[PDB]
There are 4 protein chains.
Amino acid sequence: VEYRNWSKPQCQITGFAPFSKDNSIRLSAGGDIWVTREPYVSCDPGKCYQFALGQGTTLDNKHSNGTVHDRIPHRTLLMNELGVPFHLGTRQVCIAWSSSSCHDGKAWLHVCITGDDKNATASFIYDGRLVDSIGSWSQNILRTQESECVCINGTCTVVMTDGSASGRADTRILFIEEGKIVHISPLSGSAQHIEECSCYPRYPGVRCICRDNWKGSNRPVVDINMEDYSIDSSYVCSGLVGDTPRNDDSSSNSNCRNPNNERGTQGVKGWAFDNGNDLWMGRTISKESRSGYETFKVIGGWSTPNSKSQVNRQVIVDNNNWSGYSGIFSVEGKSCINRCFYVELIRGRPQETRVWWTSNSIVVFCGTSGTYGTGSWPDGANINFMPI
Amino acid sequence: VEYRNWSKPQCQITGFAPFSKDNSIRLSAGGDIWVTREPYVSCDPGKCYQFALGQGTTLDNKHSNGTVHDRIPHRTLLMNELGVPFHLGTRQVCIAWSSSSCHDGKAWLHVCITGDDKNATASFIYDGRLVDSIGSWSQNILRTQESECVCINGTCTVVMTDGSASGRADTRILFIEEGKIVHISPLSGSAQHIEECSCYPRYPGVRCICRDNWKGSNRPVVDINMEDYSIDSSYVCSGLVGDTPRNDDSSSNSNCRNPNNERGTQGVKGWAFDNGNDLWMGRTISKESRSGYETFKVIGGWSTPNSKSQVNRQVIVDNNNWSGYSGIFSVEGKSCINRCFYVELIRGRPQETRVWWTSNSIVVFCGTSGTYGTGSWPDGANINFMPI
Amino acid sequence: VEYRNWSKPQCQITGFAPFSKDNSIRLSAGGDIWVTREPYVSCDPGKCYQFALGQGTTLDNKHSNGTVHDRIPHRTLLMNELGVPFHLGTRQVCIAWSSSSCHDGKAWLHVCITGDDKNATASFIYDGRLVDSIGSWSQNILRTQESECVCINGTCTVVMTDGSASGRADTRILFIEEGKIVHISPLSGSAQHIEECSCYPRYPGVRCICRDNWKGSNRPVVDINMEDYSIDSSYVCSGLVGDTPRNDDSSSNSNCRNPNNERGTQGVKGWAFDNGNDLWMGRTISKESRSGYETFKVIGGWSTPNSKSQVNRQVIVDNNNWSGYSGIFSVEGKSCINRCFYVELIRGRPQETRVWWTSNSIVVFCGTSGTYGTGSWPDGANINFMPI
Amino acid sequence: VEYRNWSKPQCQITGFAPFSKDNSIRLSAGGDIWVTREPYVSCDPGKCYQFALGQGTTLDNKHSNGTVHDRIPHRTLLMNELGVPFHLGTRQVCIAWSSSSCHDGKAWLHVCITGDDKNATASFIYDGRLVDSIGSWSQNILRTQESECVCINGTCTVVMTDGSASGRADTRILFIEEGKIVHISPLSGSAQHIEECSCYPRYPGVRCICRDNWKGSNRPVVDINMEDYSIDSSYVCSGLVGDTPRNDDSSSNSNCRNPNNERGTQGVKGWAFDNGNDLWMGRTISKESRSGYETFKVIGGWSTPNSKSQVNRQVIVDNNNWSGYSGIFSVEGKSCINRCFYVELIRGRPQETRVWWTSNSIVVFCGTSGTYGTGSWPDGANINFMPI
Ligand SMILES: *[C@@H]1O[C@H](CO)[C@@H](O[C@@H]2O[C@H](CO)[C@@H](O[C@@H]3O[C@H](CO)[C@@H](O)[C@H](O[C@H]4O[C@H](CO)[C@@H](O)[C@H](O)[C@@H]4O)[C@@H]3O)[C@H](O)[C@H]2NC(C)=O)[C@H](O)[C@H]1NC(C)=O
Ligand SMILES: *[C@@H]1O[C@H](CO)[C@@H](O[C@@H]2O[C@H](CO)[C@@H](O[C@@H]3O[C@H](CO)[C@@H](O)[C@H](O[C@H]4O[C@H](CO)[C@@H](O)[C@H](O)[C@@H]4O)[C@@H]3O)[C@H](O)[C@H]2NC(C)=O)[C@H](O)[C@H]1NC(C)=O
Ligand SMILES: *[C@@H]1O[C@H](CO)[C@@H](O[C@@H]2O[C@H](CO)[C@@H](O[C@@H]3O[C@H](CO)[C@@H](O)[C@H](O[C@H]4O[C@H](CO)[C@@H](O)[C@H](O)[C@@H]4O)[C@@H]3O)[C@H](O)[C@H]2NC(C)=O)[C@H](O)[C@H]1NC(C)=O
Ligand SMILES: *[C@@H]1O[C@H](CO)[C@@H](O[C@@H]2O[C@H](CO)[C@@H](O[C@@H]3O[C@H](CO)[C@@H](O)[C@H](O[C@H]4O[C@H](CO)[C@@H](O)[C@H](O)[C@@H]4O)[C@@H]3O)[C@H](O)[C@H]2NC(C)=O)[C@H](O)[C@H]1NC(C)=O
Ligand SMILES: *[C@@H]1O[C@H](CO)[C@@H](O[C@@H]2O[C@H](CO)[C@@H](O)[C@H](O)[C@H]2NC(C)=O)[C@H](O)[C@H]1NC(C)=O
Ligand SMILES: *[C@@H]1O[C@H](CO)[C@@H](O[C@@H]2O[C@H](CO)[C@@H](O)[C@H](O)[C@H]2NC(C)=O)[C@H](O)[C@H]1NC(C)=O
Ligand SMILES: *[C@@H]1O[C@H](CO)[C@@H](O[C@@H]2O[C@H](CO)[C@@H](O)[C@H](O)[C@H]2NC(C)=O)[C@H](O)[C@H]1NC(C)=O
Ligand SMILES: *[C@@H]1O[C@H](CO)[C@@H](O[C@@H]2O[C@H](CO)[C@@H](O)[C@H](O)[C@H]2NC(C)=O)[C@H](O)[C@H]1NC(C)=O
Ligand SMILES: CCC(CC)O[C@@H]1C=C(C(=O)O)C[C@H](N)[C@H]1NC(C)=O
Ligand SMILES: CCC(CC)O[C@@H]1C=C(C(=O)O)C[C@H](N)[C@H]1NC(C)=O
Ligand SMILES: CCC(CC)O[C@@H]1C=C(C(=O)O)C[C@H](N)[C@H]1NC(C)=O
Ligand SMILES: CCC(CC)O[C@@H]1C=C(C(=O)O)C[C@H](N)[C@H]1NC(C)=O
Ligand SMILES: [Ca+2]
Ligand SMILES: [Ca+2]
Ligand SMILES: [Ca+2]
Ligand SMILES: [Ca+2]
């Protein structure tokens, strides 16, 4: 077994093809299934796994009540093979109300954060054993990506924030070797707020498209140099912006450098990736709510400030259905590195008040160099059929 | 580990022996079990797996209502070890309302089709990663075998159709290497409608017995040359015909070349294979409905137009019990390739209206060179005991 | 991987120590657990497995009603790791209302019998594929051991009967190489009725202690020569007899050669094994009913007709609790071959009529060369707590 | 694979970081989950497992009633991967109402005790087979650690007691090679009552901190010489004592040599380990009841009689929540041996009488050389939501 380097070109793609779906909520109405949120996907060199933050309860369970709330001590990181829904034999990998995981070619790293808001602990578990930990540096909800971290030549990197969710905060980039923090770099460059980064290998570095929860409806970028630990940051050029909320397409803007101050407050975890001057990205279809999900390529979306010319759109979830978080994961093929993504499909609170819980299912698509058609792959549960 | 060649002679058989049965529907009345249809079996070089298309729900579950419907976004391909029923720990391999899977000696290939009727997408997943995709070429429900594909020396072939289910359609034969489509051949020969092929290795090529849903109650054949990608097609010679509906045995015909125009419209997935001039086949016992199941050898059934002399009959399911689809799968032995088959045992709608769902169990038999007796192995559930 | 020879001396033991217990019926009252009977245990070179004949249903399931009946097409052979109860993820290895399984050092053989009483089929599955089959030779419930078969140097042997359960029948001993029947020997010697043999390796041969369901409350012996396929048979010498029903200890007899004609009709599967002139054996505590279970060594119990001197008794299940079948299995240690045994603990019908099902749990003990105390390890379920 | 030696230095730690939590009781209100108590954790060289003693029943199950009782024949040792809750697919490793397990680098050893109070049997299962057994030597509830044993160079040691729980008893130290007892050493030194030892490797020997249930609220120590089998014993020097019940910190004493005769009778399983002259320990926060849990380092707590200066305290469970047993386990790192611990979180009887069962969940922490914050990780179930 060898370390992953991801030293292959990115796969040239034409769009995305359907890959997985777990039907969690449909199943929860006739089965013992975990209440979750903040899912993601990551693969070792052989196979893929779905992850999510449990709420220490199943859905058909009185403990499901009140699970809209983000942080309790009972939240743990669930990890199954992709497509295996979160049944009672699911392994709870660690204690976490925020997490990130990645495989370095040899073993799994999990970054797991739990404890008091003002004084949380992040544990670093590598190859099944606790190797390191770090306490909160700003005493205000230490937190991380809620998607996969990225490792090159045995060094994994992960982005963490501590501080205000609606103002300047303290963001740092950790470099981790076999679970041991070997270096920490502060955020640097022009991004002014970093949450929930969706990162991906871009040899010889790592690149993240994140969420600005303060002043930007355009998505921040963080670039991580794995050779000298230097950090840069900016914003996605595309004038078709990825965050929710956001201005409609005719009145939205980005200059690649600063937050746009267009319905900038709040956000949703998301992703995009560069292809030369172009940008593949996803976002919700609704500009104000976490409804629908669409992908497309923005021509000049990486290089050209305020580009709004798109091509190769695909509906993933139609705008009559709830979406939520989305993130990227990368998969090594024979000659190139492919990009895939997942979409969290949130059911229950706050939008659907018939029930007293909040949970999600997922749908997963991968990059393709072939052809495809159309469809819509929503959660599929009838809210009226669910235990409340 | 090496690529399968299947370069051994076909096992000489005297009939078939009982192999597996999952009791899905009986279990569903006291357990959380997936609603399914369109099952099949395929084995890697070590062990066998059962597959089926889930309906994104369990049976004792209000989402079971309306599962007679064929195509929804929530259908996924389930894969367990043969004999493990579809419990909540079952892995959803991909998104699929039509599928085919096969193992090439090294890894699994799954062909999974989902999306809009008029614009579907087929994903090609090999060794746990999406390698290729293709969109609909006739904008009318792109679809495939619902049984195993076949691979020789690293090339796997699968048969797909797009177009009318009651008229001329567009059928193509794909050749796939490690998930990557390397060549596509149009249907050629005298078969005029091809659905749901049951294929098997017949070194150096592959042979399929399929379903003609337009003008034939006799079963089409498709022969696939793996060396030059050429295709040929015809119909099963036997005057004892395998489709349902069909004429009774006294007024049924086949000339090996054309659809017989005898109750030709509609059909059911099925199988047969050749042994020299003779034919082993199965079919429903009823000639109008999907009731019962029987196998037999037809003397001259492969080489002689309209042969009706059978021998070595076996009841698999008696005619008081519901059957459904059936397909072949091949298992490599020490010195020969054996042929096995599965029968889908459909319960619920449209035949049984006490319940509002449609699901199935399976029963599985393998060729034997030994001896055997008699029996009947139906689904076994009491419809009156089921959740509605 | 090499073939097992079992060419080590038998472990000298002082009694038996507790090994496993599955609590199936206690669990069935709050969980989805298979209805079973006819359990047994067998181990490959690394680990042990429990087996049982399912009834194609869980206990808390209306299909549980009527499961006192022995043979339906829905019965299949369940196989889990020992101590894993029969939950919904249990693999159904084959179709069987009677079975035997063993591992030859390389792979598992399963002998599975199903179909019509008058014309049953036995399938032989080796290394996950059907290799052979045989039909009924006397048209009267072809049947086998309901415990492990035994393999030496790649040849597995198994004892099967076809014919009357209350009169002379047709018993044959099969020799099976990688699932292929290479030879069949008729029963020979003085045993006049053979059912449900508990066999064990006794290098260079195999020895079985079985059940006489016609004229003997003493247990028949069958000796199998694996070098030339010759068969011998007799009866256990011990005047403390192993079958149920039987005469009380003061009025019971055996002469090592003929059935004793003492409450000979009926029986229960059981076991014993020789140690020089002595005999270790188990039986129910009740002489008339399947209640309690006890083991002991009978001094001269193998060599001396009608010996009644016992030593080293142990209660396994007290006589206030239901037992059932019991059988032997052998486990290779570093220098010797150990003998273990299981006891089936039957709950429900016919004895307990509050419920309409019949099922069992198991308890398992292994030979020890150390010391031990006392106890009683019954099923433990409160019949009044069970779904009916 | 090689025998563990544990010949690395103890990891220098600053405290403990969150590692795992199973949420057993919360899940039990919407799922079929085993009733347990007496949990622990032990890891093979690759991964960690949670263990516990089942009560032969699930919680939502009428057999849960009366599970406050300690010893029944239906108790079995459960073993899952750490983080997998005790669902119906959990393996019952052996019959046990008291146990200890450990992995010697090659295979697992389980020590399992069951049977009559006055005449119990301990089985020694190694590598999936029963290798040895021993009967009770004092006819008064033979019993062992309820946490992991320790193996160095192929010899595993475990501490057992037989005799009064409120008076002088007979304690012995067994040395076991591949399941076989090779030597037994009587307790020696100044410890006067030894229960439920929490042992750890301290190369070249093993050290245990145990429970004195007769006259000590301070914790006994047992030191085991693996080279010559000699034993020594004493008490933990720290004047901050670890047992419950105990005197408050102002009136508590220990002289390192004798039980302190301060609320000495009764107790609770616990742990501590030395680092030079200092002591890391945990205990309940309440001094009279099994409520809360806290850890801290005591400066001079190992070497200095009656030291009461603590540093680096951490709340694990706050004093509004129920705790219970706790024990140590050791995890080998790249360059040092780390110490982790688990806390049993007892719910139901005797403290919570709304329900008629007694069960537990766990929370697990591992030593860290990094930093951390604060929190509280209790069981988390609402007793009012539970099945009674
Ligand atoms: C069958 O499926 C195929 C593949 O999905 C599908 O082809 C795709 O159609 C879409 C929609 O036309 C194309 O994406 C568009 O590209 C144009 C540039 O030529 C853009 O202008 C579009 O964006 C505008 O329109 C969108 C609405 O469609 C708005 O949401 C958006 O804000 C813009 O105003 C859009 O990006 C896509 O390129 C093709 N894909 C390929 C590979 O050709 C085809 O249409 C389907 N057939 C049928 C009959 O439905
Ligand atoms: C015990 O089991 C064995 C094995 O199953 C069984 O032997 C089989 O019997 C069947 C039925 O007789 C044989 O199959 C027949 O073969 C003749 C040709 O010799 C055909 O004519 C038969 O077809 C006609 O009859 C069918 C009804 O049986 C009709 O459905 C059909 O349309 C035809 O008109 C049929 O193919 C078979 O060959 C044997 N198998 C062997 C290996 O001998 C035996 O009968 C069983 N005995 C009992 C008492 O159950
Ligand atoms: C603690 O446990 C140990 C180990 O189990 C136990 O020692 C065993 O006691 C039994 C019962 O006495 C012994 O078995 C007996 O052996 C004598 C020969 O000396 C036989 O005569 C006995 O058979 C007769 O009695 C039985 C009732 O006990 C009848 O059921 C039977 O039909 C006969 O009439 C019986 O075989 C056994 O040998 C010892 N085992 C050892 C290793 O010594 C001990 O008794 C237990 N201690 C207490 C206080 O319970
Ligand atoms: C954020 O988290 C960190 C890490 O947990 C935390 O720092 C820790 O605080 C505790 C409490 O002050 C420190 O532990 C104490 O150490 C002093 C000696 O310097 C002892 O006197 C303390 O014991 C006394 O007080 C206890 C109550 O706190 C009593 O229970 C006890 O009986 C004694 O009278 C105690 O051991 C600990 O050393 C630090 N850890 C580190 C690494 O600095 C910090 O306080 C947290 N901040 C907030 C705002 O939550
Ligand atoms: C879920 O919990 C909520 C909050 O505790 C419950 O809602 C409360 O119900 C009480 C009881 O009548 C009311 O008096 C409160 O005003 C409600 N609170 C709120 C915020 O609405 C609710 O009943 C629980 N639901 C279920 C299904 O158990
Ligand atoms: C399954 O779904 C069907 C269709 O929705 C339900 O049948 C309908 O029930 C409504 C009232 O609830 C009637 O007004 C319609 O006439 C019914 N439709 C048909 C076509 O019969 C049915 O109730 C559902 N079944 C269950 C068990 O919930
Ligand atoms: C289990 O099945 C049995 C047999 O079908 C049922 O017993 C019968 O019940 C009917 C209905 O009242 C009676 O008329 C018959 O006389 C009963 N038969 C016998 C043999 O006693 C029984 O009710 C079913 N039990 C359950 C729990 O479903
Ligand atoms: C759990 O078991 C207890 C003890 O059997 C039950 O309490 C007894 O109930 C009976 C009547 O059913 C009373 O006469 C006794 O006085 C009760 N005993 C005690 C000690 O209180 C209790 O009902 C059972 N609990 C449940 C939930 O079934
Ligand atoms: C605490 C700040 C943070 C980033 C904006 O809030 C997130 C947003 C929430 C989201 O907008 O739905 C869900 C996340 N569970 C939450 N993360 C944590 C650790 O609580
Ligand atoms: C759409 C044509 C096709 C071939 C006849 O219909 C099939 C027949 C159906 C029926 O004959 O049972 C079941 C299949 N689910 C359906 N396949 C799809 C993809 O919908
Ligand atoms: C059919 C004869 C046979 C041996 C006496 O009966 C067995 C006895 C029964 C037993 O006495 O309880 C149970 C077995 N399930 C049955 N075996 C079969 C195949 O039905
Ligand atoms: C029997 C003495 C022993 C040591 C104090 O009691 C333990 C204490 C009990 C209690 O302190 O929680 C729980 C244990 N289940 C019990 N062990 C056994 C084997 O019954
Ligand atoms: Ca924003
Ligand atoms: Ca047709
Ligand atoms: Ca008899
Ligand atoms: Ca004490």
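The alphabet sets the chain names here, A first, running in the order the sequence lines are given. All chain A residue numbers match the PDB entry; in order, they span 82-469. For chain B, we keep the numbers from the PDB entry: what you see runs 82-469, in order. Here chain C follows the PDB entry for its numbers: 82-469, in order, are the residues you see. Residue numbering for chain D follows the PDB entry; the residues present correspond to positions 82-469, in that order. Remember, it's 1-based here, ligands and their atoms both numbered in the order they're listed. Determined via X-ray crystallography, 2.2 Å.
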Check your understanding: At ligand 9, which drug is present?
Key -> oseltamivir carboxylate
Review point. What is oseltamivir carboxylate (ligand 9) bound to here, taking the chain with most contacts and naming it as the PDB entry does?
Key: Neuraminidase
Check your understanding: If a contact means heavy atoms under 4.0 Å apart, which other chains contact oseltamivir carboxylate (ligand 9)?
Key -> A
Check your understanding: How is the binding site of oseltamivir carboxylate (ligand 9) composed, by chain and residue number, at heavy atoms under 4.0 Å?
Key -> A:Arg118, A:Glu119, A:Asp151, A:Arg152, A:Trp178, A:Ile222, A:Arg224, A:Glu276, A:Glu277, A:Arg292, A:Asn294, A:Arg371, A:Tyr406
Check your understanding: Hey, which atoms in oseltamivir carboxylate (ligand 9) end up nearer than 4.0 Å to a heavy atom of A:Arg224?
Key -> 1 (C), 2 (C), 3 (C), 4 (C)
Check your understanding: For oseltamivir carboxylate (ligand 9), which atoms sit closer than 4.0 Å to a heavy atom of A:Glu119?
Key -> 13 (C), 14 (C), 15 (N)
Check your understanding: Short list, please: which atoms of oseltamivir carboxylate (ligand 9) are under 4.0 Å from a heavy atom of A:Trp178?
Key -> 19 (C)
Point to revise | Closer than 4.0 Å: a protein non-hydrogen atom to atom 6 (O) of oseltamivir carboxylate (ligand 9) | key: no
Point to revise | Min N/O separation A:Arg371 to oseltamivir carboxylate (ligand 9) under 3.5 Å | key: yes
Check your understanding: What atoms in oseltamivir carboxylate (ligand 9) come closer than 4.0 Å to a heavy atom of A:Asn294?
Key -> 5 (C)
Point to revise | Protein residue, atom and distance nearest to atom 9 (C) of oseltamivir carboxylate (ligand 9), heavy-atom basis | key: A:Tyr406 OH, 3.1 Å
Review point. What atoms of oseltamivir carboxylate (ligand 9) come closer than 4.0 angstrom to any heavy atom of A:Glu277?
Key: 7 (C), 8 (C)
Review point. A:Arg292 heavy atoms, cut-off 4.0 Å: which oseltamivir carboxylate (ligand 9) atoms fall inside?
Key: 5 (C), 8 (C), 10 (C), 11 (O)
Review point. So which heavy atom in the protein is nearest atom 18 (C) of oseltamivir carboxylate (ligand 9), and how far is it from that ligand atom?
Key: A:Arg152 NH1, 3.9 Å
Review point. How close does the nearest protein non-hydrogen atom get to atom 15 (N) of oseltamivir carboxylate (ligand 9), and which residue and atom is it?
Key: A:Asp151 OD1, 2.7 Å
Exercise for review: Report yes if A:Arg156 has an N/O atom closer than 3.5 Å to an N/O atom of oseltamivir carboxylate (ligand 9); otherwise report no.
Suggested key: no
Check your understanding: For oseltamivir carboxylate (ligand 9), is there an N or O atom under 3.5 Å from any N or O atom of A:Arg118?
Key -> yes
